[PDB]
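This chain uses plain numbering: 1 for the first residue, then up along the sequence. Structure determined by X-ray crystallography, 1.6 Å. In each ligand, atom 1 is the first atom listed, and ligand 1 is the first ligand listed.
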Amino acid sequence: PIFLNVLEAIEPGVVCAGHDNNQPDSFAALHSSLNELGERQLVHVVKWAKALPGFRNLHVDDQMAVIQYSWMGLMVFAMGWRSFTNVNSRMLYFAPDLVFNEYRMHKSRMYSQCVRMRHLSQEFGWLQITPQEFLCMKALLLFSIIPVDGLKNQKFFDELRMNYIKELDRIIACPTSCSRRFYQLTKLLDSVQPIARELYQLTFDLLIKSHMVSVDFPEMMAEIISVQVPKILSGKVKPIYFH
Ligand SMILES: C[C@]12CCC(=O)C[C@@H]1CC[C@@H]1[C@@H]2CC[C@]2(C)[C@@H](O)CC[C@@H]12
């Protein structure tokens, strides 16, 4: 099982937000820690992506682009899995030191987005997603958003995406049950993109608002949210849907 061996081997370990849980649950303090968590996870997403089978076949500029468009969906999908396995879905397990209860969902001013993230987390239980299915679906999310004008070497991207779809098929197969499962998992994958889109809109709006009041985001987050996220929000970069 070479493919699943690799995915299991490179899966990132635990990452803490660095949140001081004895300060009060203010909008400012919670988003400060969420943004730091994202900056810390970005490091792990890059190292994970560069170690995926075939990823280095992509042109170097495409490698960075695909990471810089897919990170929100990757991170939300992983957080949903952590929540499913750690608190069983009525809380959101962003990190061991940053677990959202209903009060923090409200004070962060992200309550509706957290509701949707809780729903995604609960789908891992409703569908009885296996660790192998989770790992292959998460890898596919890296190959599920691209510029409408294409990548520098789109042909290699298309072949790589094809092969990750084949791997998902293989895990399901390892025929009427297979077909239903594949439909369920591809419907689950598609449901990540609208959630990520909402969070992309939110974080852009907050970066603008924070800049107005002279509070800076972490370095890599501020660059990606001002250079790459607006390409998503303006329609120059679009998700690839199955259905
Ligand atoms: C990806 C993160 C941080 C990592 C994670 O577990 C998922 C979570 C989803 C909400 C994101 C957050 C990073 C910081 C963001 C983007 C805030 O600016 C607004 C929404 C937050």
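In this complex, the main macromolecule engaging ligand 1, as named in UniProt, is Androgen receptor.
At ligand 1 one finds the drug dihydrotestosterone.
In chain A, most residues contacting dihydrotestosterone (ligand 1) belong to UniProt domain NR LBD. Within the structure, dihydrotestosterone (ligand 1) has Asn35 among the residues with a heavy atom less than 4.0 angstrom away.
Here the heavy atom of the protein found nearest to atom 21 (C) of dihydrotestosterone (ligand 1) is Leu34 CB, 4.6 Å. Close approach of dihydrotestosterone (ligand 1) to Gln41 (heavy-atom distance below 4.0 Å) involves ligand atoms 4 (C), 5 (C), 6 (O). Ranking protein heavy atoms by distance to atom 11 (C) of dihydrotestosterone (ligand 1), first place goes to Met72 SD, 4.3 Å. Distance remark: protein heavy atom not present below 4.0 angstrom from atom 2 (C) of dihydrotestosterone (ligand 1). Numbered from 1 in the order shown, with element, the atoms of dihydrotestosterone (ligand 1) that lie under 4.0 Å from a heavy atom of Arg82 read 6 (O).
At a 4.0 Å heavy-atom cut-off, dihydrotestosterone (ligand 1) does not touch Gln113 at all.
Ligand-side atoms of dihydrotestosterone (ligand 1) in range of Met79: 6 (O), range being under 4.0 angstrom from any heavy atom.
When only non-hydrogen protein atoms are considered, atom 9 (C) of dihydrotestosterone (ligand 1) lies nearest to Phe94 CE2, 3.9 Å. Taking the UniProt 17beta-hydroxy-5alpha-androstan-3-one-binding residues of chain A and keeping those with a non-hydrogen atom under 4.0 Å from dihydrotestosterone (ligand 1) leaves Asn35, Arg82, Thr203. The residue-level binding site of dihydrotestosterone (ligand 1) (heavy-atom cut-off 4.0 Å) is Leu34, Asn35, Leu37, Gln41, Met72, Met75, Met79, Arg82, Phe94, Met110, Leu202, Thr203, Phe217, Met221.
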